[PDB]
**Student:** 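Sharing a structure: cetuximab in complex with Cyclic meditope.
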Amino acid sequence: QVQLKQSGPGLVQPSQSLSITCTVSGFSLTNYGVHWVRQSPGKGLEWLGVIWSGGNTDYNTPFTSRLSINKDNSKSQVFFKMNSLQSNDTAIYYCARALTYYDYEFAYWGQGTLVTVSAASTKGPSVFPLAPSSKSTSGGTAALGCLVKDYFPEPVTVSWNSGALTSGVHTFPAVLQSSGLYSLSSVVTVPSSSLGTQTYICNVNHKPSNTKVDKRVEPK
Amino acid sequence: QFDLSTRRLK
Amino acid sequence: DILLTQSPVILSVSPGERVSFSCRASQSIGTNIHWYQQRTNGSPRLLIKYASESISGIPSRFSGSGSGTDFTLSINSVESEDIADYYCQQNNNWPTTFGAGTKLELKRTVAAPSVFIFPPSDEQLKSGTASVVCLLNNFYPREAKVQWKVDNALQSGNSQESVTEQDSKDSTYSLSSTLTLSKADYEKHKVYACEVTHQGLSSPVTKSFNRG
């Protein structure tokens, strides 16, 4: 199985630099080049550069002066580094691999690293229960959730019961509050008759602040 | 425009 | 750089219809175009290579055609799992460039929202802030009105809305409205009401609680 696994998301101060590691498996770096693509609100999908099997690099013209790509063949690691970042460099960064060693049709992508460029500070969220009750029950179905409040930057991962509960889950897009901190809720509907037997836990992981919270949500 | 939270066009 | 122009920007279709995405190039690129799918919270998925060549693991309903400057990605029978953005890429000229994308939305029957309301947690109240959350679950189409009332005072400007992307399984949307008060203001009042309007409801739905 071909895979590409990138390091986690995080905040980078303006003018400072960006560093992402792409670890590959299911193929050797000595046989394929590894490309870097990013996706911004400004310019959508932009191709940034590539490090080839033998170490050579190409960089898209607007980035040649602030972009460097290196690798460790033995460790199956590719390193992306970009200098002098500004705010419109806030993007999802991807590593990718083409179908053949020389081509550009990207059949394999990393999961993407969301880099935020901003002068602010990293803040972990508080997690509050959205408790099931009569006011959230309808025809045997109860809704419940977690309020993931006041963190920065995006993103946060939310799961339920350590991945075993996925059906009927809705994790809403984060909104930016006037405080400059994000907030979101994640809800799920369950049979109301399971509330006395099953435990419901939202697993919250805000990787940029290394904050991991498991919030047990109970009928009040 | 592309949205970083959802990775979708908005 | 080649400029790739995808049209239109949004496509809305019903399940089982055929659908076509267009990618126009600012100069001839032969057949050097690849197509990608991006689902909600996903990475791009490669669909077609070199205008029309198929990819292992991609459903047969996807196909592409075209040459020169004018290209087409086709889905012969849309499913709700096809809800995504679609991008084209040219690589006849360095550097490889991407189109700005087309959004594929799905139609379906009107579905009224289920409405639930959540008071603030005693946990949050300790911190000095009060969030009241109103949830509108699994409805179509996306348009809805949420109106907050506190002891019959209409609230304005102190709530925020979030809407999920379209559900890839049943084509509905869900919406949260969160009303945020200070603990003091919240304790100064009794009746918290979320009133909901939507095409699928014949009269507005109010869900509400008394603090306590």
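Each sequence line gets a chain letter, starting at A and going down the list. Shown for chain A, in order and in the PDB entry numbering: 1-220. Numbering, chain B: per the PDB entry, residues 2-11 in sequence. So for chain C, numbering is the PDB entry's, and the shown residues are 1-212, in order. What you see below is based on every heavy atom in this structure, not just the backbone, and it leaves out hydrogens, waters and symmetry mates.
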**Student:** What ligand or chain labels cover cetuximab here?
**Tutor:**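 It maps to chains A and C.
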**Student:** Can you walk me through which residues contact cetuximab (chains A and C) using 4.5 Å for heavy atoms?
**Tutor:**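 By heavy-atom distance, those residues are B:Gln2, B:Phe3, B:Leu5, B:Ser6, B:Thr7, B:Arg8, B:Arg9, B:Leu10.
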